[PDB]
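Reviewing the structure listed below.
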Amino acid sequence: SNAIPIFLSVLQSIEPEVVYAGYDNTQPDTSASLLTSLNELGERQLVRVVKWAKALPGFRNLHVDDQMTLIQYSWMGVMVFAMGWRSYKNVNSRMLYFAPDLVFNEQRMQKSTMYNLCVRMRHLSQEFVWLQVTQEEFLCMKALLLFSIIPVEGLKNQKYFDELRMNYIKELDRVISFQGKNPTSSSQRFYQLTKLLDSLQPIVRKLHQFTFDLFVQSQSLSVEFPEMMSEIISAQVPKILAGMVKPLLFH
Amino acid sequence: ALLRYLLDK
Ligand SMILES: C[C@]12CCC(=O)C[C@@H]1CC[C@@H]1[C@@H]2CC[C@]2(C)[C@@H](O)CC[C@@H]12
């Protein structure tokens, strides 16, 4: 559907720029300070995710209702995947590189009160190291995450979504073979990377549970949620936890 | 609103 050297050019050109959390690293870390900063980081990243998705070819040809649905449900996965890439490129996946001014070591993972989820996210980052994911594969795979979760009743124009998603799957397939392999080695690589994408979903589901817990207790825990974060978490996350969405896997 | 505001820009 779209030439392989062109696709990578478009994806590189629209890739969001670095965003800082704005965290005061001179302060002592508390659960509330770290979680509020992550909430603030998510709001800042979410603004870039919308601008990014709008520039993804074919996305804005969806009905605006479906565009809302896709961003509302997939923003967690897109951000966690990009975070794993950042940790791979910056600290060789030894720490969680949420932002240049918000890097989690073991101490911050403990005081965040989601230590086990942080460990799971570092394991995801380590898969980048073991697989030696290219930047070209990363960009194609991240684009696919916009097409990873849909309502159980489907979208307004499900058929167009189906073909656009199939298209972006083909783009990943073509990028892998574009890089010199035999067809056997390219077929294994496609399975590895799609299995990597599917491994995101259990992590994302736990993160959706965790963020709804924080939101419910935000006042008592002194954990602040920015405005757009609150609008999505108070609307689409409950539907996710109610089983009203389905992940679109590969394996 | 808000997410819709960003998409309509
Ligand atoms: C997406 C963020 C912020 C962006 C990023 O790099 C990944 C990270 C993953 C955990 C999230 C956080 C946003 C805010 C969240 C949702 C907290 O509420 C609980 C888990 C956090």
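Chain letters run alphabetically, one per sequence line, in listed order. Residue numbering in chain A adheres to the PDB entry, whereby the residues present occupy positions 667-917 in order. Chain B is numbered as in the PDB entry; shown residues: 743-751, in order. Quick note: numbers below take in every heavy atom, side chains included, and nothing from hydrogens, waters or symmetry partners. Read the numbers this way: they start at 1 and go in the same order the structure lists the ligands and their atoms.
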Drug listed at ligand 1: dihydrotestosterone
Chief macromolecule bound to dihydrotestosterone (the PDB entry): Ancestral androgen receptor
Chains contacting dihydrotestosterone (heavy atom, under 4.0 Å): A
Per-atom contacts, dihydrotestosterone versus A/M749 - under 4.0 Å to a heavy atom: 6 (O)
Contact partition for A/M895 relative to dihydrotestosterone, non-hydrogen atoms under 4.0 Å: neither
Option with minimal heavy-atom separation from atom 10 (C) of dihydrotestosterone, where the choices are A/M745, A/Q711, A/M780: A/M780
Heteroatom proximity flag, A/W741 to dihydrotestosterone, N/O under 3.5 Å: no
Contacting atoms of dihydrotestosterone, where contact means under 4.0 angstrom from a heavy atom of A/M742: 16 (C)
Per-atom contacts, dihydrotestosterone versus A/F876 - under 4.0 Å to a heavy atom: 19 (C)
A/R752 neighbourhood, listing dihydrotestosterone atoms whose heavy-atom distance to it stays under 4.0 Å: 6 (O)
Closer than 4.0 Å: a protein non-hydrogen atom to atom 2 (C) of dihydrotestosterone: no
